[PDB]
S.K.: 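Before my questions: this is vactosertib bound to TGF-beta receptor type-1.
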Amino acid sequence: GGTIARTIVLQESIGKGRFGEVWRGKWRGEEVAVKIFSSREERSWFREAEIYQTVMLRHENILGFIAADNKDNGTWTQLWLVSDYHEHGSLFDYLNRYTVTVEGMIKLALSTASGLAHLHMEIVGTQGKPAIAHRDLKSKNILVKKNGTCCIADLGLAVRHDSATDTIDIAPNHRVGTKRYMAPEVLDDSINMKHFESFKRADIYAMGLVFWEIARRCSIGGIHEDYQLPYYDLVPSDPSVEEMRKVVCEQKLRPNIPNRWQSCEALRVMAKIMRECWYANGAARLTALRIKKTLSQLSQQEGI
Ligand SMILES: Cc1cccc(-c2[nH]c(CNc3ccccc3F)nc2-c2ccc3ncnn3c2)n1
């Protein structure tokens, strides 16, 4: 028999994502995460397996993929994805549970930007990597490792670019992803989904929102903000496209940047990155690579 799902024992239910359910399991004595899909979710399982098996994808700031597998329990077939397990769980959970130091904030923001720059970057060569856009980046889809750096997960809605043709490997539907984090051009459906660069730019808007969630929890002299999701002050829980579009597109509002973030070079640089992710025009936003460079220079100056 097989060497993966056959030998893994599920221990603890973690919860349901877009499709399937995540568990903590044990494999050769080691904790692993397992995402289990049913037979009628095969397209979702296959596509996420396909993205994670992309040549040259592995990176410290992308969730470490172990395998795709099947497991037949005697009644039905389960479709498995197996990954590294991170005890802290999501950035969303971590930021709810904890405050961070200036060092902690920069590590979380730099590691996220590094993972997104790696996803976005085409690597040339025989073992080349296509450019990839995420399409559902949010704090619930980022994990915090024991070393206090992040890695990006839920690659199931990702799209891959063929640079030679400027074409994408699937036919994208409109307004996939989490409505709270949707870029203005996604909410008003103006995005040109035939241009791969548009999907990169939409990811940058979402990463800006995630940076705002992190910076709220950066405690200096015991001062910090409470955990909130972006737009907690303007839209209902589980907002509709229309509710988001009225706020982000029509009223042109973004998450508030507290006066406190001007007091501190690290928070000033973070706030400036947020503003330069939040432009209505995607073409004006920072690249992940530029954000990585800026936070790398800030990491150096603060001695992390
Ligand atoms: C490819 C694969 C295999 C196993 C888990 C995940 C995964 N997919 C998401 C997407 N997000 C998500 C999902 C469900 C419910 C809720 C959510 F936000 N997270 C994780 C994950 C991985 C590792 C880990 N370690 C501790 N938790 N944990 C979670 N991917």
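Throughout, residue positions are numbered sequentially from 1 according to the sequence presented. As the structure lists them, so they are numbered: ligands from 1, and atoms in each ligand from 1. Method of determination (from the header): X-ray crystallography, 1.5 Å.
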S.K.: Give the residue list for vactosertib, heavy-atom cut-off 4.0 Å.
M.R.: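 Within 4.0 Å on heavy atoms: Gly15, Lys16, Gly17, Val22, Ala33, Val34, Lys35, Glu48, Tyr52, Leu63, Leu81, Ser83, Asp84, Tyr85, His86, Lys140, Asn141, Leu143, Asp154.
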S.K.: Identify the protein heavy atom lying closest to atom 1 (C) of vactosertib, giving its residue, its atom name and the separation to 0.1 Å.
M.R.: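 Its nearest protein heavy-atom neighbour is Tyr52 CE1, 3.7 Å.
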S.K.: Compute the shortest N/O to N/O distance between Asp154 and vactosertib and return yes if it is under 3.5 Å, no if not.
M.R.: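 So vactosertib has no N or O lying under 3.5 Å from an N or O of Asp154.
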S.K.: Which vactosertib atoms does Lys16 reach within 4.0 Å, using its non-hydrogen atoms?
M.R.: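 Counting atoms of vactosertib from 1, those under 4.0 Å from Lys16 are 14 (C), 15 (C).
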S.K.: Can you identify the UniProt active-site residue of chain A nearest to vactosertib and give the heavy-atom distance to 1 Å?
M.R.: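 Going by UniProt active-site residues and heavy atoms, it's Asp136, 8 Å.
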S.K.: Could you check which UniProt-annotated ATP binders in chain A have any non-hydrogen atom under 4.0 Å from vactosertib?
M.R.: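 Applying the heavy-atom cut-off to the UniProt set, I get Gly15, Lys16, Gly17, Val22, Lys35.
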S.K.: Any N or O of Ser83 that comes nearer than 3.5 Å to an N or O of vactosertib?
M.R.: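 There is no such contact.
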S.K.: Would you mind running through vactosertib and noting each atom that sits below 4.0 Å from a heavy atom of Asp84?
M.R.: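 Heavy-atom distances to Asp84 below 4.0 Å select 23 (C).
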S.K.: Point out the UniProt domain of chain A where most residues touching vactosertib sit.
M.R.: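 Most contacts sit in UniProt domain Protein kinase.
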S.K.: Would one find an N or O of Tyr85, backbone or side chain, under 3.5 Å from an N or O of vactosertib?
M.R.: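 For vactosertib, there is no N or O atom that lies under 3.5 Å from one belonging to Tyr85.
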